[PDB]
Structure formats: structure tokens, C-alpha cells
J.: 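Following this message is one structure expressed as C-alpha cells.
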There are 2 protein chains.
Amino acid sequence: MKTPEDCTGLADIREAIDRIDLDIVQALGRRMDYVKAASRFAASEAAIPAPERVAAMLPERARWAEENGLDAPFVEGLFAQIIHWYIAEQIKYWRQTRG
Amino acid sequence: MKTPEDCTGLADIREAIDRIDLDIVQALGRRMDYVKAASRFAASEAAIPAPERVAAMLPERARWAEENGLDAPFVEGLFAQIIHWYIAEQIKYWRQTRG
Ligand SMILES: O=C(O)c1ccccc1O
Ligand SMILES: O=C(O)c1ccccc1O
């Protein structure tokens, strides 16, 4: 596993990107564990989507993007897609655990 | 950060989720370092998009999604977007520096 500067061709590059992508999938895997646990602190299925939390989360992620060398809008939009899939998945977990 | 099981409320849940989302953002920042470095292994900009690489990457991330208990099409849908963002970022960096 080589740093960007030590990479001598695309195989080296793609070895590190595959690893990074797997970390992202693994992190998303762990995120679902916390999103499912979040369902226990929801009094109803309507209490889950929590729009104020989403709206405040998103500019928070956009800033982190900038602090990491990335244009914000795309990263904000990416997290918008992530958060909504997890919301729907939480409702699905709430429905099967609470009816 | 507590374990999913030890979280008392939404405050503990959100602490963990913020940490994982930041982990993802940082992973994306490092991924950019590698994508930018990859421009020096392309003779022309035409070589950059490399559709053959995209086609192989996709089902591999789908497979990883399943191995981590996530919807394959969803995660596969996220990467299709990520990858095309970085291709477009790569080309810009390429023109900028002329690799
Ligand atoms: O997954 C999230 O971050 C989330 C945010 C707000 C409401 C429900 C959720 O699952
Ligand atoms: O970012 C990627 O994974 C990528 C993949 C194929 C071609 C160019 C790229 O930037």
C-alpha cells in the first residue's frame, strides 16, 4: 500500500482507492447499526424522519468537506442521499420491531 | 463514542453518527489525493474516464455492500455518483497541471 506520491502506476493507485472505498462501505455498514438503535428513541414512525436534524446535519457535512479539500455541494448532496436511505431503512426497522 | 447498544438517547446516537460521517468525509478527502495522483498516469484526458475500470468497480462495491448488510443497488448507486464526480475532478486537475 503506497502513498499517492509513491505510486508508480494505476495498479498502486487502484489498490489504495479500493481499500478507501471498502472503508467507506464498512463505515456505512456500521452507520446502519446506530440508525437501527436510534429507532428505540422514537415514540412513533412520524418522529423518525426528524427534518430539523437533517437540515442541520447537511451544512455540517458541507463544512467538513471543505476542511478536507472538497467542493461542498456534491458532498452535501451525497449525504442527503445517504441520510434519506437510512431514514427509510430506520422506518422499516421500526415497523418490524414496533408494528 | 458509545456502542449502538449502550446509547441512552439521540444525543449518543448522533455523536456516533457524526464521527462515522466525518470518517467518510476524511476517507473521501484522501481518495481525492489518490485520484489527483492518478492523472500523471494518463497520456491524454481521453484516457482518464477509463470505462472499463468503472464497469469492474461497480459490481465489486455492490458485493461489498451485501457483505456489510446493505442494499447493493443503493451503495452501487452511491459509487456511480462518487466515481463520476472524481473523474470530472481528475480531468480538471489534469488540465490545470497538464499531466
Ligand atoms: O440516518 C440519519 O442520520 C438520520 C437522521 C435523521 C433522522 C433519521 C435518521 O436515520
Ligand atoms: O475515482 C475513481 O475511482 C476513478 C475510476 C476510474 C477512472 C477515473 C477515476 O477518477
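The sequence lines are taken in order and lettered A, B, and onward as chains. We number chain A the same way the PDB entry does; the residues here are 1-99, in that order. Here the PDB entry sets the residue numbers for chain B, with the shown residues being 1-99 in order. This entry, so its header tells us, was determined using X-ray crystallography, 2.5 Å. Atoms within each ligand, like the ligands themselves, are counted from 1 in listed order.
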J.: Write down the drug found at ligand 1.
T.: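 Its PDB name is salicylic acid.
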J.: In this deposited structure, which macromolecule lies in greatest contact with salicylic acid (ligand 1), as labelled in UniProt?
T.: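 Most heavy-atom pairs belong to Isochorismate pyruvate lyase.
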J.: Just wondering, which other chains does a 4.0 Å heavy-atom cut-off pick up around salicylic acid (ligand 1)?
T.: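 The other chains in heavy-atom contact are A.
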J.: For B:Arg14, state whether at least one heavy atom is located under 4.0 Å from any atom of salicylic acid (ligand 1).
T.: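 False for this residue.
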J.: Write down the species the deposit gives for chain A.
T.: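 The PDB gives the source of chain A as Pseudomonas aeruginosa.
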J.: Out of all atoms in salicylic acid (ligand 1), which are within 4.0 Å of some heavy atom of A:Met57? Include the element for each.
T.: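 It comes down to these atoms of salicylic acid (ligand 1): 3 (O), 5 (C).
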J.: Quick one: most residues of chain A near salicylic acid (ligand 1) sit in which UniProt domain?
T.: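 Most sit in the UniProt domain Chorismate mutase.
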J.: Heavy-atom distance to atom 5 (C) of salicylic acid (ligand 1): which of A:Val35, A:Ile83, A:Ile48 wins?
T.: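 Among A:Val35, A:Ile83, A:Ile48, the closest heavy atom to atom 5 (C) of salicylic acid (ligand 1) comes from A:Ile83.
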J.: Under 3.5 Å between any N/O of A:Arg53 and any N/O of salicylic acid (ligand 1): does that happen in this structure?
T.: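 Among all N and O atoms of A:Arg53, none is under 3.5 Å from an N or O of salicylic acid (ligand 1).
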J.: For salicylic acid (ligand 1), which atoms sit closer than 4.0 Å to a heavy atom of A:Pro49?
T.: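 By the 4.0 Å cutoff, the relevant atoms are 6 (C), 7 (C).
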J.: Is A:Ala38 close enough to touch salicylic acid (ligand 1)? Criterion: a residue heavy atom under 4.0 Å from a ligand atom.
T.: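 Contact absent.
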J.: Please state which protein non-hydrogen atom is closest to atom 2 (C) of salicylic acid (ligand 1) and give its distance, to 0.1 Å?
T.: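 Residue, atom and distance for the closest contact: A:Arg31 NH1, 3.5 Å.
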J.: For atom 9 (C) of salicylic acid (ligand 1), find the nearest protein heavy atom and state the residue, atom name and distance (0.1 Å precision).
T.: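 Among all protein heavy atoms, the one nearest atom 9 (C) of salicylic acid (ligand 1) is A:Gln90 NE2, 3.5 Å.
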J.: In this structure, does salicylic acid (ligand 1) have an atom that sits under 4.0 Å from one of the heavy atoms of A:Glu89?
T.: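 Judged by the 4.0 Å heavy-atom criterion, A:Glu89 does not count as contacting salicylic acid (ligand 1).
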J.: If you take every non-hydrogen atom within 4.0 Å of salicylic acid (ligand 1), which residues does that pick out?
T.: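 At that heavy-atom cut-off, the site is A:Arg31, A:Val35, A:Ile48, A:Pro49, A:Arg53, A:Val54, A:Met57, A:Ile83, A:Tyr86, A:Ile87, A:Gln90.
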J.: Can you pull every nitrogen or oxygen pair between salicylic acid (ligand 1) and the protein closer than 3.5 angstrom?
T.:
residue, atom, partner, partner atom, Å
salicylic acid (ligand 1), 1 (O), A:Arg31, NH1, 2.8
salicylic acid (ligand 1), 3 (O), A:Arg31, NH1, 3.4
salicylic acid (ligand 1), 3 (O), A:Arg31, NH2, 2.9
salicylic acid (ligand 1), 10 (O), A:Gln90, NE2, 2.8

